[PDB]
Each structure stands twice: as structure tokens, then as C-alpha cells.
Chemist: 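Below is a structure containing nevirapine. Please help me interpret it.
The chains referred to below are lettered A, B, ... by the order of the sequence lines, with proteins before strands, and numbering in each begins at 1. Excluded from the calculations below are hydrogen atoms, water molecules and symmetry mates; all remaining heavy atoms, backbone and side chain alike, are included. Method on record in the header is X-ray crystallography, 3.0 Å. Read the numbers this way: they start at 1 and go in the same order the structure lists the ligands and their atoms.
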Amino acid sequence: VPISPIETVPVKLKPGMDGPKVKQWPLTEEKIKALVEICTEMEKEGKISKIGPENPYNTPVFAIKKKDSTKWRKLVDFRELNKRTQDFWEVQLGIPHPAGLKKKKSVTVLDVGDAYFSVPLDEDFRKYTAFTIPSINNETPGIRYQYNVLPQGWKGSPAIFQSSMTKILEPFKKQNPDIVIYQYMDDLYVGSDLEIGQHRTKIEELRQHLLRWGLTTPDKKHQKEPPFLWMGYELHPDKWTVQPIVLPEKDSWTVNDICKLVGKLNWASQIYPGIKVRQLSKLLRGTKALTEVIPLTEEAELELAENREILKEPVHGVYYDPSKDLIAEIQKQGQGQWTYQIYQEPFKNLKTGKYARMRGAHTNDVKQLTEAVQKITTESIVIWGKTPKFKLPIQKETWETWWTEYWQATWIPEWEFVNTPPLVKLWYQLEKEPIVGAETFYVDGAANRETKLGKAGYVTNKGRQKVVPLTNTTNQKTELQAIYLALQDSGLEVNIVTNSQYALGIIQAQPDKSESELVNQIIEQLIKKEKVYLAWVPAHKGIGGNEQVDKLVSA
Amino acid sequence: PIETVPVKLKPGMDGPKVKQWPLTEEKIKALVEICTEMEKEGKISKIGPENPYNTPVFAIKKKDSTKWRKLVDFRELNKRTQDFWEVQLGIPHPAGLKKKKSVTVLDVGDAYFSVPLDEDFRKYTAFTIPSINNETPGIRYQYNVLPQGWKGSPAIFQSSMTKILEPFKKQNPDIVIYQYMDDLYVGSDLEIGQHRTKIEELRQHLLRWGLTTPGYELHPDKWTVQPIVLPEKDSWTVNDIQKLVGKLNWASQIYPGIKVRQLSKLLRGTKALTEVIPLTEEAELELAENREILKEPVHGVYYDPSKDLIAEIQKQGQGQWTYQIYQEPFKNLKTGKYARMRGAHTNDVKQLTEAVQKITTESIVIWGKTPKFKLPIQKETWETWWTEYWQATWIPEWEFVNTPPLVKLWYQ
DNA sequence: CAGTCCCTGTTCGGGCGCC
RNA sequence: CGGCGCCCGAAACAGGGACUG
Ligand SMILES: Cc1ccnc2c1NC(=O)c1cccnc1N2C1CC1
Ligand SMILES: [Ca+2]
């Protein structure tokens with residue numbers, strides 16, 4: 001007889017499959033002599049066993065190495081067993097963001113020893129565990145065994161640990177509604193608004209409750225060490241910050257440097273406001289080797305400069321106070337880059353961030369704001385579980401004009417104006433109705449699929465015509481191209497008739513910026529006009545001067 | 001201690017493994033207070049990591065209700081139980097339900113918790129109650145009884161339901177009763193006074209047989225179809241004749257007898273958009289003859305039961321939305337328009353959510369099937385907020401579309 | 001009726017940053 | 001090796017336009 005710690009979790013095999021038999025793959029020759037003994041340790045503690053006839057099971061060893069150890073850590077590879085083992089619902093859905101924690105008076109961290117080996121493997125699954133690895137080099141053929149606990153590198157270990165651990169803590173919590181626990185791996189972080197010593201009452205009173213299930217918590221544990229360093233963060237019960245950032249000063253710039261660079265700025269962006277990555281990010285376009293050599297443009301360095309000075313001074317985030325409202329404020333940083341701050345008490349921030357992502361071939365600021373406001377709402381719901389009151393560089397009339405006109409369903413939740421230039425504006429509007437006494441430019445374009453050659457031009461009610469030859473073009477660009485002419489050659493008010501559904505789809509969404517230089521020019525002409533009514537007709541219906549401009553260019 | 005109808009995932013496919021989307025603290029609370037209670041009742045019970053299946057859940061308040069309703073998005077399961085419900089047990093769709101002067105929708109879903117559910121199937125009802133900020137891991141349950149909103153639940157309860165209802169149906173032969181998931185559609189030509197009484201009356205029949213029921217009225221006889229219509233004009237500008245011709249050109253994919261020839265010819269030279277050109281009689285008569293072909297039906301448009309319904313919604317502005325239901329392009333089963341819905345003039349996402357529901361509802365009263373939506377919205381916008389405005393116990397299917405407007409011409 | 005292109009957007013894949 | 005965030009690519013996927021007798 002062995003003994004029985006804590007409730008066991010049923011584990012099956014992917015139906016119609018069975019345990020593995022495998023040959024070894026290389027691992028370093030030195031550290032491996034120690035376990036020949038260590039296995040004999042575990043038999044007596046309950047972590048191992050053996051049987052002769054029953055195991056058609058053998059497993060190899062493949063590893064990854066770690067820095068910062070005062071002792072060496074053993075391992076075994078079940079990878080063959082893994083692939084054959086049922087899937088689980090993973091318990092780590094990701095980790096909480098610091099800015100989402102409520103402020104707690106007292107916060108301690110207990111580190112669970114023998115964490116994976118303190119958990120019983122499923123009785124009936126135990127069998128599949130049998131394994132063998134080289135003695136020192138090797139001499140005689142060998143022997144084998146089975147696992148009585150959660151094996152290192154097994155698929156179910158973290159999941160089964162995590163769920164079991166949770167099950168244990170549950171009765172403590174109900175008897176302690178106002179304590180707060182959080183579990184990451186084998187570390188527990190406990191906290192309370194109780195008085196400092198009586199908090200330590202419950203710290204032991206809980207180490208009791210963990211042992212009662214066989215879970216060991218030493219006193220090398222530190223209440224006096226916080227800040228705790230966990231995943232790039234420094235956490236004190238009153239305030240939090242990111243772990244220290246090292247910015248490469250290297251004169252030699254390879255694309256892998258900029259990459260490591262950007263990720264750091266972006267990671268910095270959760271706390272330090274105003275980080276901009278745009279110009280540094282331009283370098284990455286269409287490059288073959290991650291080892292390639294790339295130069296820094298003047299813009300990217302001027303930005304990198306502005307960015308370097310922000311990191312100069314330190315900064316810290318606060319925690320969330322459920323009693324008080326959430327406030328999110330966005331500033332336009334230009335070049336489709338955006339920054340936002342989310343705070344509760346003015347000038348003390350919970351967190352920051354950027355939204356730089358340029359979405360679509362042609363876009364505008366209202367759209368891009370709308371997007372940022374959405375990135376932020378989601379982030380806010382993940383973290384605080386509510387939507388912020390939004391502070392925005394946009395006139396309530398600017399916005400009302402856009403969303404109500406736009407063809408798409410679009411929304412910003414409850415939000416108010418902050419007059420903080422640059423203010424977001426709409427750079428032009430198309431008329432909804434024909435413009436009296438404006439010249440009417442009928443435009444068409446055509447190109448030939450084979451030769452990639454074409455012409456773009458127009459006819460007007462006044463007799464004015466134009467046709468321009470164009471080389472290496474497409475049917476679409478000529479249709480865009482004719483509209484461009486019609487803008488150039490027209491007065492401040494003008495009507496344009498186009499038969500391009502394509503062209504019309506673009507212009508009507510009132511882009512203020514485009515990838516396409518031709519659209520940018522159209523835009524630029526568009527902003528200069530006073531009144532533009534742009535209309536569509538079906539091709540080849542024998543319409544208007546549409547038939548006429550069709551003949552001119554298809555010829 | 002009663003039998004349990006076994007259930008199986010149609011061949012080849014596994015249980016739904018779909019992720020739980022983030023919830024508001026508001027709604028996470030309502031589920032916790034709802035689930036602990038449903039557990040105490042042994043309706044659901046806690047589960048472990050050995051069960052790797054998940055369906056998303058959230059919560060809603062039904063229209064005009066301050067009470068929180070739990071909602072599971074079983075869409076994925078229902079796709080994976082599907083051969084079971086469609087092929088095994090059919091539910092005849094009353095063609096009259098749609099003709100009734102009034103139709104009430106009663107929420108009967110609670111009754112389903114009576115019947116137990118097949119123990120081999122229960123691992124497929126797994127859902128996570130999420131935590132704010134990932135502070136706790138999820139509280140995971142699975143359904144022991146017949147889960148609300150699953151397509152098998154109203155099926156397996158079909159027998160038990162038909163029983164409890166036969167008295168009323170027998171005593172009231174002229175009243176029509178349909179059932180689509182957690183909802184029961186009940187309608188009659190009785191004056192609303194004797195109707196509302198007959199509904200309460202219907203409430204007891206299930207109230208005394210062990211059911212609870214958390215206005216509901218529809219008026220299908222009044223449901224109007226939005227026909228295509230050419231503007232009424234005194235005098236026509238060039239621009240008018242053009243928008244007209246283009247629209248007519250569109251319409252002719254739908255009605256083939258349309259001809260634009262004489263109306264087309266009116267535009268002949270290169271003329272200012274705003275000059276007023278008079279309608280020749282020969283065209284004037286063709287257009288009016290066109291206006292005719294546009295009051296008619298469309299040859300060969302009829303509902304075909306096997307095909308899915310498809311709904312397209314357009315934002316027309318100033319609080320209006322148009323929609324069309326069809327199974328194959330240009331053959332439309334119904335067309336319509338909405339205005340002054342909640343959110344009109346303030347929140348588009350709210351209005352469209354409202355819109356999707358009103359459309360889904362008619363879709364169920366008429367063909368007894370929910371449509372697949374083409375939603376005029378960016379994925380993330382809809383996906384971020386739709387859950388706030390949702391007042392229905394079902395969840396139609398949707399995909400996201402962008403059309404710069406040349407299809408806007410459904411409405412003037 | 002099918003098969004060429006042109007254009008745009010949305011999956012995915014890469015590779016950083018934090019484990 | 002997985003999670004989250006991100007930047008890029010489009011070799012691919014999808015939608016819509018347009019031509020080919
Ligand atoms: C790393 C971590 C992750 C999640 N929550 C916490 C912590 N540790 C803390 O440092 C912490 C700090 C302040 C408030 N809550 C904290 N806690 C909660 C337990 C009291
Ligand atoms: Ca043409």
C-alpha cells in the first residue's frame with residue numbers, strides 16, 4: 001500500500017489508441033548519472049513504482065536549457081505519449097493585466113515546492129508512463145518503472161494541476177470572502193485590506209490548509225521582497241510598472257534589430273505614453289532576409305529620438321478603483337498613429353497604449369478613430385469589464401456628420417469632446433444633389449488587357465474635351481484617371497459622371513489618405529474643390545455624353 | 001428516474017471546442033448568481049479539464065424586462081447535432097401562423113429542465129463562466145438537463161410538449177401553435193381582449209404542469225411588403241433620368257420585362273445634369289409601362305424548404321433600414337423597411353441588432369427557419385457590441401459585408 | 001454556360017516583445 | 001514548443017468588378 005493525497009482527475013486516451021514504445025535521441029552525457037540514484041529516492045516518497053510484465057512502454061528524452069539556477073533540474077520526454085493523450089481545456093487563458101487589479105493593502109507570494117510531484121496522477125492511466133534513459137554512458141541493458149504523479153513535460157500536467165489547485169483553495173475562499181488569491185503556475189499571490197499582522201495570521205492559517213492537502217510552502221517566502229518580478233512587471237500593492245527597458249544604441253542597423261526594437265516600444269506602450277513606431281516600421285516592407293542590412297531614415301530617427309526621451313524618466317501605473325469611473329482619452333499622433341491614456345483620477349494613469357494599424361487601401365480619420373475607440377473598448381472589457389468614458393479629439397458635429405452619412409453601421413459609445421489639436425476633421429464632402437451651373441464632366445477610361453495600354457478622358461456639356469494616352473495601366477486606373485483629369489480641368493464647383501462602380505466605391509467613402517498615389521491626388525484635388533457631385537451611370541446604355549466619352553477612349 | 005433519449009454528433013465531427021468571449025462585470029455577475037442556483041438545482045454541475053469542449057455563454061435581458069436571462073451560443077453544437085434534429089423528427093410549420101391577426105411569443109424554455117439529458121452527450125454542453133481580467137480561472141459547468149437553446153432540447157421535449165398542449169388545442173381548435181426552440185408562438189384571430197385571456201389560459205396549462213414564463217404580440221396579417229418603386233416626378237432633370245435609368249437597369253435582373261430604350265434615348269447629347277428634359281410620350285408611356293411590371297410578382301420565386309434563407313440589410317440613413325430575404329439571388333421571398341427603431345438617430349449597432357431580430361422573427365413565423373445575415377458592418381464593431389442589444393433567446397447566423405452603395409436603391 | 005485579368009479584404013503564416 | 005500583444009508578407013483564401021466568341 002502507498003497513500004492518498006487529493007482528488008484524482010479521470011484521464012482517457014484518444015479513442016482507439018494505446019501507449020508508445022520508443023528509441024532514445026541525444027542529451028548531454030554529464031548530468032544523467034545522478035538520476036540512476038534519484039529514481040530510488042522517489043519510490044519511497046510515492047512518486048514512482050514498477051511492474052515487470054505489464055508495460056509495453058518506453059520513452060526518449062529531449063530538452064531545453066535555463067539560466068539562474070543554484071541547482072540542476074531533471075527531465076523526461078513523453079512526447080510520443082503526449083500526441084496519443086486526450087486533449088484538455090487549458091486552464092491558462094492568459095494572464096491578468098496589472099492595470100486591472102484592485103488595490104490591496106497586503107500582498108504576499110507563497111511558492112509551492114514539489115508542485116508537479118505533489119499531485120496524484122490518475123490511477124488507471126499511471127501505466128502509460130514507463131521510460132528509459134542512459135545510466136552514465138551505458139554497460140548492461142537496463143531496467144524500468146511507472147509514474148505515480150504528474151510527469152514533467154506531460155500534456156495534462158499544467159491543466160490538471162491548475163484545476164486541482166483551484167479545487168483546494170475553494171473552501172478557504174468561501175470561509176474568507178474578503179481575501180484575494182491568484183494562481184500563476186506554482187506561485188500563489190494572496191492579498192487583503194485587513195490589518196498588516198492579522199493578514200499574516202491568515203497566511204499561516206492558509207499554509208495550514210495547503211498542507212492539509214499535502215502542499216508544501218517554505219518561509220524563505222517573502223512579504224518583504226515586493227515588488228515581485230513577474231513577466232516584465234514590478235508589482236507593489238499601491239502601484240505597478242513595467243520592468244526596465246534596454247534600448248539598443250547600435251550604429252549598425254539590421255532588420256532583426258528594428259524588430260527586437262519595435263516589440264520593445266510596443267511593449268513599452270502599455271505604460272509610457274506617446275511611443276510611436278511608424279517610421280521605424282517602414283523599413284520592414286518587402287525585405288528578403290531577417291539578417292539584411294537596412295538604413296535609418298531621418299524621420300524614423302527623429303521619432304526614435306522623441307521616443308528615447310519619453311523612456312528617460314521613469315513612470316508607474318495605478319490600480320483600479322471600482323468605485324470610480326474609467327476615462328479613456330485619445331490623441332492623434334498623425335500618420336495614422338494614435339495614442340490613448342486610460343486613467344480614473346486625473347494625471348494618474350492605469351495604462352497607456354498606441355493604435356497605429358492602417359486598415360484598408362483607402363481610409364480616413366473618422367474610420368481610424370472608430371477603430372481605435374474599438375481596440376480600446378475591447379481591451380477595457382478584458383481588463384476592467386466595463387467600457388470607459390471616452391475623451392475624443394473630434395467635434396460632436398464632425399462625428400455626427402460622418403457616421404450618419406457612412407454606408408456602414410458604425411458607433412462610438414458614450415463619449416465627449418476634448419479640444420486638443422490636432423482636432424479630427426473631415427477634409428471634404430460630396431454633394432448629395434447635382435450642382436447648378438457647374439460644368440458637367442462626363443468621364444471614361446479604358447485600357448487593353450494584352451498591351452496594358454490605354455487612355456483616360458472626358459467630355460462636357462460646354463464642348464470641352466480631353467483624351468490622354470497612358471502606358472502600362474489597367475482598366476480601373478484609367479477610370480480613376482479620368483476622374484482625376486476632370487477634377488484638374490474643372491472649376492470650383494463641378495459635376496462628374498463616371499460609369500466606374502469601382503471608382504465611385506472609393507471616392508464616396510471620402511478617404512483622406514491612400515496607398516495609391518493616384519487616389520491621394522484625387523483626394524488632394526477633392527479637398528481644394530468647393531462643390532463636387534459625382535454620379536454613376538450604367539455603361540453602354542447609350543446614355544448622355546457617356547456614349548460619347550466611351551467612343552473617345554475605347555478607340 | 002425516466003428514460004433518456006440518447007444523442008449523437010453527426011458522423012465525423014467532434015464536440016464544439018469554441019472559445020468564451022470576454023464579458024462585462026455586469027453580465028459575469030448575473031451568470032454566477034444564475035449558475036450557482038442552477039447547480040443547487042442540479043440543472044448543471046461543475047466539470048474538470050478532462051472535458052475539452054466549450055460553448056460560449058452570455059446573458060441578456062428580454063425586451064421590457066429587468067430580469068437577467070442566461071444565453072448559450074449553441075450555434076456550433078447545433079451544427080454538430082444537426083442530422084439528429086432535421087432528419088429524425090420534423091416539426092410541421094403552420095402556414096397560417098403567419099395569417100393570424102395576433103401572435104404571442106411565450107418563452108417556454110424553462111420546461112426543458114424537467115427532462116434529463118443523455119449522459120454520453122453531456123460532455124458536449126460544456127461552457128465557461130469567464131472571469132474579469134483573468135483573475136480566477138473559469139467556472140466551468142456542463143448541462144445535466146435539457147439545455148436551453150440547443151436544437152435537440154425542443155425536439156426531445158416534443159412528445160412531452162404535445163401532451164400538455166392537446167387540451168387547449170382541443171378546446172380551442174381555431175388557435176394556432178408553433179414551437180421554435182425555447183420559444184412558443186401562439187396566435188389567433190380572437191380580439192386581443194379574449195386573446196390575452198387565452199394566452200394566460202395557455203399559461204396555466206403549462207403553469208400547472210410544472211413550467212415558468214418570464215408586449216410579446218406580433219401582428220402578421222399586417223406585415224407589409226416593400227415593393228420596388230420609381231419616383232414620382234413632375235419634371236425630370238438629366239440627373240433624375242439617369243439615376244432612374246440605372247435603377248431600372250438594376251431592377252431588370254429581377255423583372256426581365258423591363259426595357260430602358262426610350263427612357264435611355266432621352267439623354268442623347270452631352271448635357272448638364274441639372275437641365276430639365278421633358279418626357280417624350282413614347283418614353284413616358286414605356287416608363288409607366290415599366291411601373292406596371294413593377295407591381296407584379298416574379299415568375300418562379302417560391303420558397304424551397306431544403307435551401308437556406310439569406311437576409312441582406314441596408315442602412316438607408318436617418319433611422320431607416322431596408323432588408324431582403326431570398327434563397328437564390330434576385331429571387332426574393334420578402335422585402336421590407338424599418339424606421340424609428342430603438343437607437344434611431346443615435347446608435348447604428350443598436351438599430352441593426354434590433355433589425356436582425358425583427359427580421360429573424362418574421363423568418364420564423366413564415367418559413368419556420370432563421371436566415372443567414374449579411375451584415376453591413378465591420379466584423380469587430382458588431383462582434384464587440386452586438387451582445388448589449390440582444391433581446392432574443394436565439395442566435396441567427398451571420399457574415400459581414402461591405403457594399404459601397406449602388407444597392408441602396410432599394411429605397412429612394 | 002467557363003476561363004483570363006483587376007482590386008480589395010480576410011484569413012493564415014512568418015518574426016519580434018512578455019512568459 | 002504554447003498563450004497574449006505587434007509588424008510584415010500575400011506563396012494563399014474569400015467578395016466584388018471587368019473583359020474574352
Ligand atoms: C501577480 C499578480 C497577479 C494577479 N493578482 C495579483 C498579483 N500580485 C500582486 O502583486 C497584486 C498586487 C496588487 C493587488 N493585487 C495583486 N494580486 C491579487 C492577489 C491579490
Ligand atoms: Ca467604358
Chemist: Counting duplicates, which parts of the structure are nevirapine?
Modeler: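 In this structure, nevirapine can be found at ligand 1.
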Chemist: Please name the chain that forms the largest contact set with nevirapine (ligand 1), as given in the PDB entry.
Modeler: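 The largest contact count goes to HIV-1 Reverse Transcriptase, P66 subunit.
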Chemist: Can you list the other chains with a non-hydrogen atom under 4.0 Å from nevirapine (ligand 1)?
Modeler: A
Chemist: Which residues lie close to nevirapine (ligand 1), i.e. with a heavy atom under 4.0 Å?
Modeler: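 At that heavy-atom cut-off, the site is A:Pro96, A:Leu101, A:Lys102, A:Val107, A:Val180, A:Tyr182, A:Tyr189, A:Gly191, A:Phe228, A:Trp230, A:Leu235, A:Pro237, A:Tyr319.
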